[PDB]
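Bound state: Gamma-aminobutyric acid receptor subunit alpha-1 + flumazenil.
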Amino acid sequence: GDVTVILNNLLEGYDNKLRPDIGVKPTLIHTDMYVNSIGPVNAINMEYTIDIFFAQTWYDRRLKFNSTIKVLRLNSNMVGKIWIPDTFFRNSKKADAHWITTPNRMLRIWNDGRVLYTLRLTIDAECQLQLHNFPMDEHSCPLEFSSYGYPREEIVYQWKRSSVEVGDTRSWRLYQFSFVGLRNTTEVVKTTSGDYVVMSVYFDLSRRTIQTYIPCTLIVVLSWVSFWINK
Amino acid sequence: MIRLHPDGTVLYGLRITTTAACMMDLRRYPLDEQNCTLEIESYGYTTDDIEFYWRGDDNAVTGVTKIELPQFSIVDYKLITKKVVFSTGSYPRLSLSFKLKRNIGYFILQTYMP
Amino acid sequence: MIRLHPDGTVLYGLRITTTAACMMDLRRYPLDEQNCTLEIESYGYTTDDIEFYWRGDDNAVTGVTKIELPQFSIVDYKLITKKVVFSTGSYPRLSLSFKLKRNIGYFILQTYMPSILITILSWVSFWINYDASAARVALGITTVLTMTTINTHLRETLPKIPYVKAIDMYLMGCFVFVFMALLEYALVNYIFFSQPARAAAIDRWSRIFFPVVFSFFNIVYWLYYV
Amino acid sequence: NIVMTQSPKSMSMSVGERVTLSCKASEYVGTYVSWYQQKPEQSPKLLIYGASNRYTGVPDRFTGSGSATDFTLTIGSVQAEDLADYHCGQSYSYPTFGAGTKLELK
Amino acid sequence: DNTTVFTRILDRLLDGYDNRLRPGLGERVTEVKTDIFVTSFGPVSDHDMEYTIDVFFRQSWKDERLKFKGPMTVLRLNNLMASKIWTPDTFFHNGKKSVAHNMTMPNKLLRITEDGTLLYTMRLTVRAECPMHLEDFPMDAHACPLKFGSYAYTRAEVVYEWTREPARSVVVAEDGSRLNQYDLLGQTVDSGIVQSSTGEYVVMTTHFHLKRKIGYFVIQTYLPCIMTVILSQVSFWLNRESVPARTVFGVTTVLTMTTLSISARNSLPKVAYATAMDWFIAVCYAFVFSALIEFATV
Amino acid sequence: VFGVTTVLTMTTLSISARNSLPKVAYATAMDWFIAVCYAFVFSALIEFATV
Amino acid sequence: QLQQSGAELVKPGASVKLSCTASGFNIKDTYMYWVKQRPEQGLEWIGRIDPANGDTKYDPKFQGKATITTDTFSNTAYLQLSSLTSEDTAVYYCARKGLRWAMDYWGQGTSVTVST
Ligand SMILES: *[C@@H]1O[C@H](CO)[C@@H](O[C@@H]2O[C@H](CO)[C@@H](O[C@@H]3O[C@H](CO[C@H]4O[C@H](CO[C@H]5O[C@H](CO)[C@@H](O)[C@H](O)[C@@H]5O)[C@@H](O)[C@H](O[C@H]5O[C@H](CO)[C@@H](O)[C@H](O)[C@@H]5O)[C@@H]4O)[C@@H](O)[C@H](O[C@H]4O[C@H](CO)[C@@H](O)[C@H](O)[C@@H]4O[C@H]4O[C@H](CO)[C@@H](O)[C@H](O)[C@@H]4O)[C@@H]3O)[C@H](O)[C@H]2NC(C)=O)[C@H](O)[C@H]1NC(C)=O
Ligand SMILES: *[C@@H]1O[C@H](CO)[C@@H](O[C@@H]2O[C@H](CO)[C@@H](O[C@@H]3O[C@H](CO)[C@@H](O)[C@H](O)[C@@H]3O)[C@H](O)[C@H]2NC(C)=O)[C@H](O)[C@H]1NC(C)=O
Ligand SMILES: *[C@@H]1O[C@H](CO)[C@@H](O[C@@H]2O[C@H](CO)[C@@H](O[C@@H]3O[C@H](CO)[C@@H](O)[C@H](O)[C@@H]3O)[C@H](O)[C@H]2NC(C)=O)[C@H](O)[C@H]1NC(C)=O
Ligand SMILES: CCOC(=O)c1ncn2c1CN(C)C(=O)c1cc(F)ccc1-2
């Protein structure tokens with residue numbers, strides 16, 4: 001009953017195009033992702049598939065309702081209205097979100113701003129593949145995301161306490177490699193428009209033809225048995 | 001992105017993946033030089049209506065040096081500006097063209113020496 | 001399109017392109033008949049609210065007399081009207097069905113002849129005298145390995161389907177024939193030194209018993225799978 | 001028809017002691033076992049539904065654990081009033097109950 | 001004017017309906033009921049380890065605000081009505097690339113009873129992921145799962161329960177198994193609870209059982225192996241004086257083994273460990289070397 | 001050896017020759033040329049075999 | 001929550017009709033069960049009715065001997081037996097499905113005695 005009133009009050013006099021705090025210090029988006037599975041990795045195409053659950057949080061002074069209701073969950077039908085930060089993956093070749101039944105998106109608005117926005121993804125990234133280090137080869141596959149339309153003066157990312165998780169490492173379907181390590185770095189990149197804060201999470205992999213060359217050499221050496229037979 | 005300005009200078013940016021098509025002459029295979037190109041033009045506005053020009057001719061295209069193909073190598077790229085005439089009018093055009101050269105050393109051992 | 005009328009009769013026609021899925025049975029492949037279907041039915045309305053029926057059973061489907069397939073050939077098409085009952089209600093269904101029959105002359109020569117040739121060549125070995133044993137041994141070995149290689153090479157160009165066919169049973173039959181012939185010659189070569197008349201009889205009996213059994217097997221095969 | 005074998009048939013335990021019951025299920029029942037308590041000359045009540053889930057209003061000592069085909073109830077500190085009958089019954093299919101266990105204090 | 005009464009009823013029904021709020025926000029939790037009717041079980045793939053499945057994913061929940069008093073008592077509303085009312089979000093925890101058909105009009109029926117009970121069903125084409133264990137190839141009997149749970153609503157707000165008794169909920173069609181390699185056995189369903197960083201979410205589970213057919217591989221690889229081994233054991237009955245004959249006889253068996261093993265091992269999908277056919281092929285391949293070395297020492 | 005060489009070359013030629021072209025019912029104007037190559041080479045083989 | 005009829009005494013061969021009234025919720029939401037209990041034995045399932053559609057199932061051993069009908073308007077489910085023998089002298093219960101298909105709410109139970 002009253003939640004409809006609260007929503008109608010929040011949406012009155014609300015402008016979608018403008019990020020919060022346009023004239024003052026920039027918004028500070030916290031980021032936290034959960035890796036579900038890592039698709040097949042191939043050396044020819046030089047690419048790999050990942051499936052994550054991207055989640056990011058930011059304060060917002062205009063969503064400051066006051067009532068007894070502490071927290072209000074929301075379906076994905078609300079994401080279109082309130083502001084949502086653009087965040088693309090620089091390493092992506094082909095990225096698609098999931099809408100199996102409905103749009104997979106979540107929205108949680110706490111009592112004093114602090115929107116929460118999470119959504120499923122599926123990313124294909126270019127992994128710089130090197131093979132001379134074998135048997136000691138350790139490939140590193142990067143995944144680096146950053147804002148697109150906002151310079152460093154207008155948006156800044158930052159990780160949470162842990163902010164990266166994994167699960168069910170046995171069922172990641174990757175054969176030739178094996179998951180070993182995981183790290184996280186933040187940088188600043190200059191481009192045509194200005195300066196963009198570029199988050200970066202890249203985790204390492206290790207490796208564990210030779211079964212096909214043997215049948216050829218075997219037949220070669222075996223054909224020579226003819227020679228020592230009498231003429 | 002959309003970026004306004006105090007003097008009204010709009011700035012419109014995209015992020016595109018184009019599977020463009022270039023003609024390849026293979027009479028000289030595998031010792032050949034390829035000229036693959038990318039041609040850009042307006043569509044609904046004649047040359048009396050809109051004007052294209054590269055901004056910062058020296059720095060119009062960036063990031064070419066970091067490009068490394070597995071089989072070719074980017075020798076040189078040039079910039080062009082033209083005016084093309086169709087049946088309906090005169091439309092402006094910009095062109096981007098960069099040569100391609102093969103790595104002969106990968107083919108010598110594998111093909112010629114037998 | 002949309003085409004109204006004075007008495008309220010709407011006419012709504014799309015232009016669609018369906019990649020339907022029809023169960024194909026390849027047990028009798030290469031020479032088989034396939035019956036593929038296309039089932040049309042409502043989704044939101046039960047049989048109490050909507051009714052389907054072809055508008056003229058003779059001319060409900062046109063253009064089938066002109067369709068040309070590179071490999072198959074149309075034989076006959078039928079039109080059906082049914083009523084299907086799921087867990088929620090009774091939905092109206094219409095069906096389009098038309099059998100498909102493959103061409104014959106192209107695949108038979110390509111596939112079957114080599115095995116028959118290998119079996120006949122394995123037969124060629126019997127006439128040879130038992131004195132030059134090495135020659136018939138070499139022949140009985142070369143036939144086996146040539147047949148195995150023919151089978152392995154043929155199992156690639158054919159469509160990869162992981163269940164049993166008829167051509168595979170045929171090839172395995174020919175493999176069994178050549179293997180039995182080689183075992184027969186091994187037996188003859190071992191038992192000869194004790195008694196010559198046994199082998200001198202077995203040669204002339206086998207020369208006439210192998211082709212008879214082979215032709216009988218082929219007659220049964222081509223009576224049952226044609 | 002699914003059959004539910006319950007063991008033991010009847011057992012007696014002193015006050016404040018640990019008590020454990022078992023309900024072996026011959027067929028498959030995917031964690032839909034439910035334990036019912038029946039005091040003498042009353043109506044049965046629901047203690048545990050599913051597995052290791054306590055129905056509201058149930059004391060904290062009643063705890064159960066579940067598997068594919070093996071199920072176990074674990075009472076904590078048995079009291080004076082906890083003496084009653086205990087029935088395990090699966091509802092994966094058309095439901096059927098166990099034989100029943102009577103627990104008299106000593 | 002026979003439709004005006006129904007249009008007035010419906011417009012009064014949608015008067016001030018807020019689709020962002022689930023039914024009974026401050027009251028009891030919403031209890032969605034689920035039911036699947038698998039129309040056809042698609043082609044299971046060993047390489048990608050995905051299996052295509054078709055479903056008529058049914059749902060039903062009691063919404064209090066949509067109650068009405070009218071003559072029909074069952075409204076068979078169109079497909080467009082489904083977007084304006086609340087519709088629970090139900091994703092698939094392990095589905096890579098699903099697709100909901102849009103053939104001639106969105107495939108969604110929405111039935112509203114007089115009490116307020118809704119019905120809502122789609123025609124999806126699910127493409128899930130099931131990890132396989134090929135340690136018993138080609139005699140393996142592995143089970144591919146399918147997990148669907150609510151999203152953006154914790155367990156304190158939406159709870160899933162199977163529409164009928166769980167044994168008879170996930171139904172497979174009689175002649176719908178357009179499947180060639182494997183053979184279908186049955187179904188297994190199991191409720192559950194999965195705790196995560198956000199909260200505790202309810203998660204239904206379905207297990208489809210599969211057993212590979214061996215009839216093809218019997219006449220494909222095993223029987224040629226057995227024939228080749230029996231043939232390689234024939235050499236002992238040859239005469240010891242005819243040396244070149246026995247040498248060629250022994251070598252060609254190894255040649256046949258190499259050809260057969262190469263032809264057979266190609267179809268096997270890539271794995272880290274060694275499959276159960278590899279041991280048979282290795283022993284079948286070592287006995288001929290044993291016979292050859294035996295002839296050598298003789 | 002000579003005949004085996006010719007036969008293997010003819011077969012490996014015919015495979016790709018008919019692969020480059022679609023699979024139609026009737027015989028193309030290249031199938032006849034391939035079949036004449038084929039008939040001559042196997043006639044030479046049968047001649048050798050009977051000699 | 002639930003009420004049932006009073007104690008019943010009937011001669012063999014006749015038929016008795018039992019009632020279970022649900023107060024506080026519309027039965028058309030959930031199912032309704034019927035369970036009997038012999039003296040000093042385990043529970044035994046009888047049937048299952050769905051007041052939404054009227055569908056019914058029965059224990060194959062009680063099939064044809066028991067009939068379950070419901071009155072959605074008066075909010076009550078009725079159990080009418082067939083010609084009953086002197087054997088089935090036991091208490092009958094009525095239940096309502098819970099969360100995980102566990103029959104949580106039970107009636108006080110009525111006692112049907114077959115005497116002469
Ligand atoms: C050149 O032309 C082509 C085609 O002519 C253009 O492609 C089209 O581009 C437009 C512009 O974005 C798209 O419209 C919008 O699409 C998004 C996302 O689309 C996803 O779902 C698509 C299906 O849409 C739904 O409806 C069907 C109906 O059954 C459902 O089954 C689905 O579940 C969906 O809910 C699906 O087809 C898309 O797949 C394709 O696109 C992606 C992205 O490009 C590719 O990666 C894929 O590979 C694939 O090719 C995709 O999955 C919708 O979300 C938009 O709807 C919302 O947004 C509107 C604007 O915000 C709003 O007006 C709508 O009402 C709706 O908003 C609703 O939801 C909001 C929350 O999200 C609420 O807040 C709001 O209140 C409201 O309730 C919109 O439909 C076309 O889909 C797309 N078509 C195709 C075939 O690709 C191409 O863009 C053109 N190029 C250029 C440069 O313009
Ligand atoms: C790939 O092929 C194209 C097609 O020829 C090349 O474009 C050509 O580039 C030259 C110089 O780069 C152009 O010459 C110019 O002509 C104008 C005419 O007035 C003159 O004013 C300039 O000073 C210059 O001489 C030529 O016109 C142009 N051709 C076309 C059709 O646009 C391109 O250079 C090739 N790629 C590379 C890497 O060279
Ligand atoms: C291809 O397959 C379809 C089904 O997959 C076949 O459709 C079947 O056709 C027969 C006709 O021979 C139908 O039988 C009909 O029975 C009704 C019963 O009242 C009656 O009107 C007639 O006696 C008629 O014969 C059958 O219903 C229909 N559908 C099935 C079996 O599901 C079809 O015949 C096959 N062949 C062709 C060329 O389409
Ligand atoms: C680490 C941030 O995590 C998310 O942002 C997230 N977003 C959605 N969910 C999660 C948690 N998570 C790892 C799940 O798997 C899951 C499972 C559910 F059943 C329902 C929701 C989620």
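Order of the sequence lines fixes the chain letters, A, B, ..., with proteins taken first and strands second; residue numbering starts at 1 for each chain. A restricted portion of the entry is shown here, and the contact count covers that portion and nothing more. Atoms within a ligand are numbered from 1 in the order they appear, just like the ligands themselves. These numbers come from the heavy atoms of this one structure, side chains and all, not from hydrogens, waters or symmetry mates.
All instances of flumazenil together account for ligand 4. Lab note - other chains with heavy atoms under 4.0 Å from flumazenil: A, E.
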